[PDB]
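Before any comments, here is the structure.
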Amino acid sequence: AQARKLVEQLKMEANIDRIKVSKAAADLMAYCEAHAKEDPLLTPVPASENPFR
Amino acid sequence: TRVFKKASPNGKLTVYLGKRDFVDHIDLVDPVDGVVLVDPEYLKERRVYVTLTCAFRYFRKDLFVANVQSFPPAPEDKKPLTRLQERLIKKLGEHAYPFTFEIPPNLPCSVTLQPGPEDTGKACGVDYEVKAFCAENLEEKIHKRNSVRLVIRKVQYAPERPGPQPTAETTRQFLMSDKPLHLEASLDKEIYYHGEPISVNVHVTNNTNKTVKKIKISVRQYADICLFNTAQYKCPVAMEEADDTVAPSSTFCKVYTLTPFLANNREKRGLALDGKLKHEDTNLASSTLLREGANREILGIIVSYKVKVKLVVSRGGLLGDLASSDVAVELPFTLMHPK
Amino acid sequence: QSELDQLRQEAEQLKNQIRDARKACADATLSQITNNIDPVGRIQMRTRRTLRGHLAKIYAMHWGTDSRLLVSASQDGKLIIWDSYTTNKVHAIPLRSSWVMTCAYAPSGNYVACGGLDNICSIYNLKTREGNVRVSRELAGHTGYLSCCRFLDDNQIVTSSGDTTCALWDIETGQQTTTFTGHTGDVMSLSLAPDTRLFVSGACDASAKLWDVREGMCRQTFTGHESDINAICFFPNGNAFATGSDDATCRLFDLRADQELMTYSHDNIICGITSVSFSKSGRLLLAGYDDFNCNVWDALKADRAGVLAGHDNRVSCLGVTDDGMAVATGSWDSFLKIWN
Amino acid sequence: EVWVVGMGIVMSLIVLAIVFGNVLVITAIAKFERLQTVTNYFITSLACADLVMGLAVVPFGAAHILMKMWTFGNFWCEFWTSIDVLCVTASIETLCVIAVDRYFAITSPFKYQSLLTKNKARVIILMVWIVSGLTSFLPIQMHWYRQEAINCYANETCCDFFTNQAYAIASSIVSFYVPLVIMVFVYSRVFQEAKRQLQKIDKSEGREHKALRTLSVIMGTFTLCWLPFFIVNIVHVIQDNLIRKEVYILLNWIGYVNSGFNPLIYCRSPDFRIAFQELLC
Amino acid sequence: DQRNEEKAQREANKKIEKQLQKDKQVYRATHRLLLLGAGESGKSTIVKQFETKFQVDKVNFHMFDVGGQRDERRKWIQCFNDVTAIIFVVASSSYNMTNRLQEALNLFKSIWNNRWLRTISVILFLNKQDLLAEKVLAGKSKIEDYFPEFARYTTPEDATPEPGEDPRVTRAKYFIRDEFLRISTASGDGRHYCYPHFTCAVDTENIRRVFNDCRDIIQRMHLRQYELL
Ligand SMILES: COC(=O)N[C@H](C(=O)N[C@@H](Cc1ccccc1)[C@@H](O)CN(Cc1ccc(-c2ccccn2)cc1)NC(=O)[C@@H](NC(=O)OC)C(C)(C)C)C(C)(C)C
Ligand SMILES: Cc1ccccc1CC(C)(C)NC[C@H](O)c1ccc(O)c2c1OCC(=O)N2
């Protein structure tokens, strides 16, 4: 009966409307590089106001 | 294309198969698919059954035997008509009845041990036979004419993982390693292809209070082979000498290239070789994947490789010199064909 | 056997449809979109703070939403709330069970949870009446050991377990409102989302499964790994997530595309992954390792921006402040290193 | 001639060797946090004791030997002798302390961890160092160690160690012989325990060899370095006209080498050696 | 104000540091223990004679029963490596059956060969020795033929002068112990060892046996550290 629940689980993911990887990758890269002028992990020491040093 | 047919004798029961080099990359293996052609003009036995055997040898201490009944449709299984079989049915005609052997991970690679001169009549090692027969009963002796075998091999190729750089270091030993004396031998990579040299670098320091003689770089073959219980074997593959120039307080940083090749180890007894279909001139044995690096449990032939670096001291007297005064390290590597 | 064979046939057909959908997103890979981005400046983060207050090894940690207070759980029965700025202690909480594999910090900074082999996800009330922090309402617990738990809010919490089922709790009543089942092996970690409406969970079945907290339908299963998934964290856009694995991989998945975007490796690393996190923009995909080091992977180049050091043991936890100001590494050496 | 120049190079080599070894082990301890351990505190104290001598005793003694005319003065003669005695006594007593620590870690295994903590280790180390100070710098700098040398000590060129019998016996038994007895008992006990463990292993999983090859390095290098010196001291104090100044100095110097050997004796373990190799670049 | 806040924070830091130094002092003196088994293997009276704090000879120990042990045992193995021993219970009357003895051997090999457990020594306990004797006295089941490895391991030359025994029982006991001894000597790490020991339904002695084996483990670890062994 486990396969009967497995087919129900796969049915929910069998009706998806996924998008192509070109649009997804372009959107991800563009968006998460546009809102990227804050990260102090990269671009270290934004100013003397580095709170941990 | 070029399906390999065998044309079993008496003009009956021809068997066709695809590639005879079924591949086991790390785990999982291509099923042994094909079509057996049986003309139903006699039907004396009314039952044709094809079997696959992983028999080990030098008789026939078998490993895994499976049987398939195919003259009746055998409605229990519904294996799809393979890409080869879809056209094979049309090519062979009406009497093309398919067969497929889906083999789980059961037996190791088909590695045949090197026969000795005046000690070779048949193959000796691990091989698959794939017998076919037409018998009414289950285990009656067919032999005779309508019995056909077809030697197939399972081989493993190079995985897409170079691996780390093998390193080792030893520091002390009986009345030999006393003042600082360490070996920092390393390797280049973990995957090598047959006929391609392997290089090793040494970083001995010799800060000791006694001199050391020339080193001896060697390649070992750790062929773990046994059927009844377990055993272990270790035979040389290639070796190279060195020079007697290491002085106290001198960091020798030489590099050496060794090429394991079969042109010289022709007379070595027990040197494992890759699968031989019919007494052919094969290559050296390729190292196997040891139970996907998770189980370390085997039931057949294991071939593994490791280099060795030995150092001589040439002790000089009675001050506790005549003892175990040799330092050595071992670096494993996997020597495989590429694909 | 007819029913089982039919079920297997439909499962094979559904798998064929799923792989067809995944492969239909082949207009490109992240190699055509790999150019025009300047290579990241070599990231050599230096330990700004070394939090040395724990006795036993460390498993998990979670920064507060104020980007100041970080919690940490140990096997000495201690759950210490540090002040990352002043490297001091604020609260140390004894645990009823010595072994714990998780901890969390409430989004409002009011509660802190834990959990471990005791099958108990104890919730603590930091804003006490007049004294030490008390165990508020120990959740009933699943049939397997708890692995990770994160807060939806102060009133709702979602927990993961080794019982193959994650569940969404309700601290007010203490009883599960819904339970998410469908995995095969033990669930190792989960991660919420910026919209706080969906969460995934990578299990021993080597399959990251997206979950919807409304009715519990596993909308998409993000398979692709060969070893069990140890840790997952959502992308800052709430649109992707990177899953670490024992096979030294850090494959990134996309919810919209529903397949792998990268596989992260260096052909030298053989140890698995212990924890994963992202920077504010997600460009610095962080990753701990079993070989006492942490490698900072670019989200687009797949080449490490730098390698961490220090901890002489498995780095079992990894976090980034909500403000992204710095990252915090914890390991089995009972020392928390803060890498600016 | 060639004797003086030949000594001039070997003394320099030995002082650089001891200084470099001790400073290398001290930096290895200081660099990695994983190198901080309860026994590593004793190792660090021993390294400091054997290191301070490397820079403040060996060069001055080498200068005296090369040119036996102490021009540094009559006060720096006394100060140098004081730090000489302090450094050697601290080295021997720290060898004894490390030995007794390893003895307690075997005879009292369940009590070792809560008996020898960081506070207890610091108290023990301070108590050993202050005992060394109380017999090196109080007597020498306050002149409780003193007929033939009455004119020499007044003469501001000669710094020759003419210690009276009382201070000679007291300093010898305080610095070397008592730690020798303690370390002998300690290592007899640990050798017996190792033999018993080997016997248990042989009886259970069986299908002297290893204790000797470590006991020898730990309990015989220090012996062959110091014991001849600390017996020639009693020989030359009990009765004169027995040993000469040159042989006295030679035994002293062959004793000086254990403080440069002991990083190798007490730090050839992979956990510290990994950090040591990490210091290569 | 801000200085006052910093002073208050420092006072809190000191208070927690002291209350945690006390915990460290009491924690270092307590050595952990892993109480293991195979379900119905016989970890029944051992857990009482899942916290099991007990102090023998003025040193405290506590064993932690794993609980359930559904599958993928390595998931919770990764936490139990700071312990000093793994009290692993073995059924020794389940030779016939599944082959629960073979499953116990396999899981013992798994525990032995984990990389994160490649330092922690496991103490054995072959339970149901009275049940083993009762089973072997009649011998309706083949003594060990279900485990066909018994074909040459007859007399290990290890004398067992225990009174009220039987030679077949002693031979079977030696085989069963060696079944784990081979796996123990397979990996020569030198830090973790094996302590195969006999138990019973009526034991009344393991309160001393676990203490002695833990003492041996600690001494062996210290000896390995100091290079004396
Ligand atoms: C890691 O090695 C070391 O650190 N050993 C060095 C070492 O033992 N070197 C010499 C001997 C020596 C010892 C003390 C002062 C000066 C010189 C070795 O070249 C000779 N030694 C031969 C030797 C034999 C006996 C003894 C001995 C005898 C009585 C009392 C003390 N030692 C000394 C040296 N060789 C050995 O291979 C073994 N040495 C040893 O002691 O063997 C048991 C080891 C290895 C076990 C250390 C030093 C301590 C000196 C650095
Ligand atoms: C100054 C000079 C002149 C010639 C040769 C050598 C030296 C240098 C000296 C003798 C000062 N080294 C001190 C020597 O290492 C030493 C060590 C520990 C002791 O307990 C004592 C001790 O001296 C005897 C003693 O009474 N106690």
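Below, chains carry the letters A, B, ... as their sequence lines are ordered, and counting in each starts from 1. All values below come from the heavy atoms of this structure, side chains included, with hydrogens, waters and symmetry mates left out. For ligands, and for the atoms within them, numbers begin at 1 and follow the listed sequence.
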Q) What is the name in the PDB entry of the chain with the largest share of contacts to ligand 1? A) Beta-arrestin-1
(Q) Trying to sort this out: of simeprevir, atazanavir, indinavir, vinorelbine, which one is at ligand 1? (A) atazanavir
**Q.** Contact chains, atazanavir, heavy atoms < 4.0 Å
**A.** B, D
Q: Identify the binding-site residues of atazanavir using a heavy-atom cut-off of 4.0 Å.
A: B/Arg172, B/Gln173, B/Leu175, B/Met176, B/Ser177, B/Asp178, B/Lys179, B/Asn209, D/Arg213, D/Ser216, D/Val217, D/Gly220, D/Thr221, D/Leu224, D/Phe261, D/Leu264, D/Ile265
Q: Look up the name given to chain D in the PDB entry.
A: Beta-2 adrenergic receptor
